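The structure appears below as C-alpha cells.
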Amino acid sequence: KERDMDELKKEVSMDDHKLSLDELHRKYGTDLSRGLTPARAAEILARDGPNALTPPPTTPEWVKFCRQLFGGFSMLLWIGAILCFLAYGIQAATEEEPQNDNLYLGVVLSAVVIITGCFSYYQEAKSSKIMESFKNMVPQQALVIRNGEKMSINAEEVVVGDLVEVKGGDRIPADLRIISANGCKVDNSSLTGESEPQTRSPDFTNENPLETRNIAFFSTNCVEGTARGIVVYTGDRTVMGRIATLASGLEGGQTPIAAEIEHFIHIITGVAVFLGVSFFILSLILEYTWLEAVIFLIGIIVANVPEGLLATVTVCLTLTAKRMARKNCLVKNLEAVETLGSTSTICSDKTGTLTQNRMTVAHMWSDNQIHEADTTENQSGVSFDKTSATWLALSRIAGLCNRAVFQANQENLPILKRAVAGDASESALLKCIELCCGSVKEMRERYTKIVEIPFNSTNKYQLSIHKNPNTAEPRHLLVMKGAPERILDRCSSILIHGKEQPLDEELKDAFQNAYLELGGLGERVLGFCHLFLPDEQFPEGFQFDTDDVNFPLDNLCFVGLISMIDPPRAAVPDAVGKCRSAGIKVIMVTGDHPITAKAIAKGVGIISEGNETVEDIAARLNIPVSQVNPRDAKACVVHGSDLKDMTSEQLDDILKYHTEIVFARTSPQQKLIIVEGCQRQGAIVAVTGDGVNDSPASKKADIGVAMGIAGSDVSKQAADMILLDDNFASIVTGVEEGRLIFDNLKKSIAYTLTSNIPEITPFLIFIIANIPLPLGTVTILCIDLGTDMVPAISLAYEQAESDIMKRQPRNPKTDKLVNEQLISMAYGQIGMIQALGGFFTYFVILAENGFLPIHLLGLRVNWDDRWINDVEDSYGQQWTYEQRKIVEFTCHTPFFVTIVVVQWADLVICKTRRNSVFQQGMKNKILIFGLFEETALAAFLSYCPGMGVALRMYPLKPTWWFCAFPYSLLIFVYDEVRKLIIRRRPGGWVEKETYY
Amino acid sequence: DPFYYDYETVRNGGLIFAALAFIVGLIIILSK
Amino acid sequence: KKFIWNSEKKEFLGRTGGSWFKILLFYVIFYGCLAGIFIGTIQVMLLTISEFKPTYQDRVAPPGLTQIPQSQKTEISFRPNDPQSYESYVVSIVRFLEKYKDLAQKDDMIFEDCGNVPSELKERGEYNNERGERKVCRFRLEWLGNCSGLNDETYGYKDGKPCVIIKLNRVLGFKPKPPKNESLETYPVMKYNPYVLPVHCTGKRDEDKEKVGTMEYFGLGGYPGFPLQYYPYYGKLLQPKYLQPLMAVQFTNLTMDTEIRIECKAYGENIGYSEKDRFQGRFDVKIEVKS
Ligand SMILES: C[C@@H]1O[C@@H](O[C@H]2C[C@@H](O)[C@]3(CO)[C@H]4[C@H](O)C[C@]5(C)[C@@H](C6=CC(=O)OC6)CC[C@]5(O)[C@@H]4CC[C@]3(O)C2)[C@H](O)[C@H](O)[C@H]1O
Ligand SMILES: *[C@@H]1O[C@H](CO)[C@@H](O[C@@H]2O[C@H](CO)[C@@H](O)[C@H](O)[C@H]2NC(C)=O)[C@H](O)[C@H]1NC(C)=O
Ligand SMILES: *[C@@H]1O[C@H](CO)[C@@H](O[C@@H]2O[C@H](CO)[C@@H](O)[C@H](O)[C@H]2NC(C)=O)[C@H](O)[C@H]1NC(C)=O
Ligand SMILES: CC(C)CCC[C@@H](C)[C@H]1CC[C@H]2[C@@H]3CC=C4C[C@@H](O)CC[C@]4(C)[C@H]3CC[C@]12C
Ligand SMILES: CC(C)CCC[C@@H](C)[C@H]1CC[C@H]2[C@@H]3CC=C4C[C@@H](O)CC[C@]4(C)[C@H]3CC[C@]12C
Ligand SMILES: *[C@@H]1O[C@H](CO)[C@@H](O)[C@H](O)[C@H]1NC(C)=O
Ligand SMILES: [Mg+2]
Ligand SMILES: [Mg+2]
Ligand code: NA
C-alpha cells in the first residue's frame, strides 16, 4: 500500500500556522514563555521518535555484488554458460568419450561474468567509499526553553510543542512556529531556494507555509537576529523530511546506455538464434541425428555471443569515468558517465547551482556613472577604476558604516570564501572593500566611532559619526546608509570628482534612472552619503549622545548607490552557452522570486538577449497581457502559483511552443512534476542542483548532478553524479565525454562483432562441406579473450573526428549504439573477408601437407575417426590419427594467426568512422601497443615450448604468416574507399547503408 | 631426408620475435 | 513496434522495395567479387604445389602400422561358432584383399613380377613426369600362407586362431631401412636382416605375454616383414593401382573367453615411435575369442 504513501508525498504541504497564539497554545498545550515540563518532553520523545530523519536504507555489500553479477550483458553470458553445460550434459550421456570443449567454455564464460562483476563492483564501491569520506555530520545542539528555564540539548531530543529559541548563526532545529522575533532573518536557500535571507515575523503573512514568515524550517539557518517558536513538526514529518523521504522512495529509471546495450543484445541474439535454428533444420535435412543437430544448434548460438565484449565495455566506461574523477567530477553509477552526452534538456537550479548563493556587491554608482564590480567566485574579471575621490569617499562610507567584521580563523582563507559575521548585505560590502580597497581593519580603526544609530524598523537608516585622521581637517566625519528613497529625502549636496553641487534635477533624475536600472536588473540597491560636521558648532570635545538632533539629517552629501545580488559562478555563463551550442535545451527551475530568476536567466544564457516574454510584449506595446499571442513570445516565465493549477496538456504546450522557459516559485514537488513533463516528450533529462529541493528532481531525472560542497546531503545522495569542485563547467566536460565514449563504444563494438564471422564460419562449412575442422575452440578463446582484448580496449582512446560539441544531441529513437549499419559492416562485409582469409590459410596448410582442397570434401567422416589410421590424402599417402590431428591443430593455430593479421586492418579501419586513417592518424599509442602485443602474443602461443601439448597449438612454418596479408590489405583498402565516398558524397548510399 | 623439419630454429625465431615486439611496444607506451 | 512489416508508404520486413533491390544488388556484386578473389588466390596456391610430390612431408616422418580388421576400438571380439558375429571382420578382409587377386593384377604393362625372394630397393628414376607411368610390383595372396587360401568369393578365414595382417603406411619416396645386423635385442627373428623390414608382435605386460601362447607370421617367402623391392612409393598420380607389401600374423594358442592385448612393433632405423600416437611405428590390438 506504498502507492498511497508516495502519492500523499507528491503533494505540496498543508499547515495550521494561521492560528492565534492562544489557539496554538491550546492545540499543543505549551506555555509560551516556559515551554513544558521535561517529563512531558520525554513522554513525547519516547512516543513518536527523536527529531532526526530516519537513516537512509542501508545497502549491504553482498546485495550490490550480486547486482554486479547480473544485469543484461552478464545475463546473456550466463545463459551462454547454461547452454554450454546443457550441451555438455547431452554430449556426455549420449556419446562415447565426450569432449570437454563445451565444459571448459562454460566455466570460462562463468569466470568472465564473475571477473567483470568483481571489477565493476570494486569501482562502484570505490565511488561510494570516497563518498562516505564527505559526511562530516557534526552534532548540533538546540537551545530549548522548558519548565521556564533555558537549556541546550541535542537536536534529536527536541519534541513537538515546546518553546525553542534561536540566535543568529544557530541552525533552526525542527519546523518552528515563530511567536516572538527581534529583527530575525533566516536562510531558506537549501530548502525553498530563496537566495536572500528571508526574515521571520510572528505575524502570519502568506497562505503558503513556505512563503509566510511565521514558520522557521528544518535545516535552515537563522542568519541574524534572535527568535522564539513552538515546534510544530518534528523528525521525518518535517518539510525537508517529507522531501527527503520522497527522494529516497522514487524511481531511478533506465539510463540510455543501458537501453542501448539491451537493444544491442536483441540484435545479437536475434541473428544468433536465426542462424542456430536455420542451421539446425539444415543439419537435420542433411543427415545428422537429433542428437547431433541439437549440439549444432547450441554451438552456433553460443558461438555468436561476444564473450569478451563485456570486459571491454566495462573497461571503456571505467576509463571515461576515470577521466571524470580526474577533474573532480565523480560519478556514483558507472554507466552514468555516458548519460551527459545523450542529454537534450538540462533542468537547472538557480540558488547554489546557477549562482554562488552569496550576496555580492554587483554595481556601484559614482559621478552619475555606473561602475560594475568583479563578481566572480575566484576574482578573475575586470577591475573598475579605483583612483577617483568619489570612490575614496564611498569606500570609507561603506567600510566604516557597517556592522560587519571577520571572525577568528578568517586569516588564511581568501577574501571572498571566508566567513563574515553579520548581515549578508554588510558581508558583501565588507568583502568588496577588503578586496578592491586594501583592508578594512586599519581603515575602520583609523576613524574612531563616537556615536552610532543601527537600522530602524521604519525609515531603515544606519548612521555613525567618526573622528577624522586627515592631516588637513579636524572636522568630524558623519556617514549614513539606507534605502535610496530614505536617503533622497535627507540629502541636498552631491559629491562629484571631489567637490560638491546642489540637488539639481538634471543629475537627480539621472540618479533615479540609475536606481531603476540597477533595481530592474533584479539587484538590491543601497544609498551611501556622508557629511563633514563643522568643528565650530560641534567641537572635538562635544559628545553627541544618541538622543536628540545632534546631526543634520538633511543637507548631507550623497556619494553613490551600491547594488548587490548573488552572482553566478565563474564558468556558469560560458558553460550554458556551450550546452546551448550542443543543442541542449536549458530550462531554469527554481523556487526563488521571478524578478530575480528572470534577471539571472538573462545573465547566464537561459533567456537570450532580445527574446521577449509574454509580459514583455504587453509592456512594450502598453496593452493588456491577455491580448498578445503567446506564439509571438519565444521565452516565458511560469510562476509556481500558476503552475499549481496546470494540467498535463498545458505543461506539454508550455515546453513545446516556448524555447526558453523559466519556472519560478516552484516547490520541490513541482520540480519533480516539471522533470516528468520534460521526460514525457521523450528527451534525456539532466537536473543540476544543490539544495534539498533538488532531491526529488535529481532522483527522477535521467541523471542528477549535485554540487560537492554547496549542496545538501539528501540531493547529493539522490543524485547520480557529484561535482566535488562545484565547477559547473564539468557539465560541459561531461556532455562532451558522453558523446565521445558513445562513438568509441560503437567502434569497439564493431571491432569485437567483426571477428565473429571467421570464428563461426569454420564450424558452419564444417557441417555443410564435411571438411576437417578449420578453427579450434581454445584458439577462439585465444582470439576473443586473448589477443583482441588490448586492441578493443585501445579503441576507447580514440579522439573526436569532427567537433562533437557542435552536432545536435543524439535522438534516442534513431541513433542507436548498434544500428544495422554496424551489423552490415562487421557481420556482412569485414568479417566475411576475414573468414575467407582464414579458410585460405587453412587450404594452404592442407594442400601443402598433401590434402588438396578438392579432396577435403566429405573427408571429416573418416578424418575425425580415432581408429582409421590409414586415411588417404591426395598423393596416396596413409595418415594415422594423431598425425592428421597434429595437422588439424597446426591448422587451427595459423587460422588464429590469420585472425590477428586481419584484425590489424580491422582495428585501423574501425579506429575511424568517417575520417581517413591519415587524416585522423596513428597517434593512439595504446593502439600501437595493442598491435605489437597482439602479434607478439599470437606468435608466443604458437612457438612457446609445450603449447601443442597444453593448448594443442603447434608451431607454424613461417610462410603461413604471409597467407593472410592480402586479405588484411584488402580490408583496409575497401574500408578506406568506403570512408572516402562517405567524405566526398555525404548524401545517402555509403552513409545511410555502411556509415554506422 | 625430406622427412625432417628444423622446428627448433623456427620456434626460436618466433620466440625472439615475440620478445622483441613486446619490449618495443612497451617502449612505445613509455614515451618519456 | 514489431509490426513494421508494411505500411501504405511501402516497407517489407523493415525497408522498401527499391531499397531491398539496392541492398541485394550490392551484396550480390560484393560477395561475387569476394568469391572471385578467394578463387584467384586459391588458384595461385594450387600453382605453388606440384603434381608428383607434396611440399611438406615432415608430418608423416614415422610411418604407421595398420591392420585389416579396422575395429571400432582395435578389439577383435567374436564367437568361434556364430558366423554373423565375425561378419564385420571377414567383410573388411575380403574387401581389402579384393585388389590382390590374380585376376586384378593381370596387365603386364603396369605390373612387374618382383620375385619369390625379397631383394633390394627398386628405384624407378626420378619423381618427374619425364618417364611414363611407372610399374608396380605384384604381390599375390599366396605369400600370406594360412591366411589367404583358395576360397570362393568369401575367404573362409580362421574361426579359432584368427588372422590379422599388418600393413605399412604408404609414404611417397620413403625408403625403409631395417636395423643393422647389430640388432639391439629384437626377439626371435630370421637372419634375413638386409632386405626386409622386420615386424615383431608381442603382448603388453606379464599377463598378456603369458595368455598369448604361439604366434605364426607369414610374408614374402616366409619372412615376417615387408620386402624392400616394393619401395619407394611414387604417388598415386604416377603409380595407380599400387600394392603395398602385406604380412599376416596368426595367434594359434590363445586363451579363449579372455581379452588380451597385443602390440605389433615394426623395427627399423627409419621407423619412429610416439608415446602419443600408439600407431606410429607400433600397433595395438585387443583380441578376445569368446566361445
Ligand atoms: C558430428 C560430430 O563431429 C565432432 O564433434 C563436433 C561437435 C562437438 O563434438 C564439438 C566439441 O564438443 C564442437 C562444439 O559442440 C561446439 C563448438 C564449441 C563451437 C563454438 C565455438 C564457440 O565459441 O562457441 C561455440 C564451434 C565448434 C566447437 O568449437 C566444437 C568443435 C569440436 C567438436 O567436437 C565438433 C566429433 O567427431 C563427434 O564425435 C561427431 O559426432
Ligand atoms: C596351415 O594350416 C595347415 C592345416 O590345414 C597346417 O597343416 C598341418 O601342419 C602340421 C605341422 O605343423 C601337420 O602335423 C599337420 O598334419 C598338418 N595338417 C594338414 C591338414 O595339413 C600347416 O602347418 C599350416 N601352415 C603354417 C605355416 O602354419
Ligand atoms: C597351448 O596352450 C595350452 C594351454 O591352453 C598348453 O597346454 C597346457 O599345458 C599346461 C602345462 O603347462 C597344462 O596344465 C594344461 O592342461 C595344458 N592344456 C591343454 C589344453 O593342453 C599347450 O602346451 C600349448 N601348446 C603350444 C604348442 O604352445
Ligand atoms: C602489415 C605489416 C607492417 C606488419 C609488420 C609485421 C609483420 C611484417 C610481421 C608480424 C608477424 C611476423 C612473423 C612472426 C613469426 C614468424 C616466425 C619466425 O620464426 C620467422 C618470422 C615470422 C614468419 C615473422 C615474419 C614477419 C611478420 C609477418
Ligand atoms: C596485384 C595485387 C594487388 C594482389 C594482392 C594479393 C597478392 C599480393 C597475394 C594473392 C595470392 C597470394 C599468395 C597466396 C599463396 C601463397 C602461398 C603461401 O604458402 C605463401 C604466400 C603466397 C606466395 C601468397 C603471396 C601474396 C599473394 C600473391
Ligand atoms: C649377420 O651376422 C650373422 C652372424 O652373426 C651372419 O650369419 C649374417 O650373414 C650377417 N648378416 C649381414 C647382413 O651382415
Ligand atoms: Mg539550491
Ligand atoms: Mg567470439
Ligand atoms: Na537516477
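The sequence lines are taken in order and lettered A, B, and onward as chains. Here chain A follows the PDB entry for its numbers: 21-1016, in order, are the residues you see. Just so it is clear, chain B uses the PDB entry numbers, and the residues here are 17-48, in order. Chain C is numbered as in the PDB entry; the shown residues are, in order, 13-303. These numbers come from the heavy atoms of this one structure, side chains and all, not from hydrogens, waters or symmetry mates. Numbering of ligands and ligand atoms starts at 1, following listing order.
- Going through efonidipine, metocurine, gedatolisib, ouabain, golcadomide, the drug at ligand 1 turns out to be ouabain.
- Counting heavy-atom pairs under 4.5 Å, the chain with the largest count for ouabain is, by its name in UniProt, Sodium/potassium-transporting ATPase subunit alpha-1.
- Under a 4.0 Å heavy-atom cut-off, the other chains found next to ouabain are A.
- By chain and number, the binding site of ouabain at a non-hydrogen cut-off of 4.0 Å is A:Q111, A:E115, A:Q119, A:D121, A:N122, A:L125, A:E312, A:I315, A:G319, A:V322, A:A323, A:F783, A:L793, A:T797, A:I800, A:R880, A:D884.
- In this structure, no other ligands or ions lie under 4.0 Å from ouabain.
- The ATP-binding residues of chain A named by UniProt that have a heavy atom under 4.0 Å from ouabain are zero in number.
- Between ouabain and the membrane-spanning segments of chain A, as UniProt orders them from the N terminus, heavy atoms come under 4.0 Å only for 2, 4, 5, 6.
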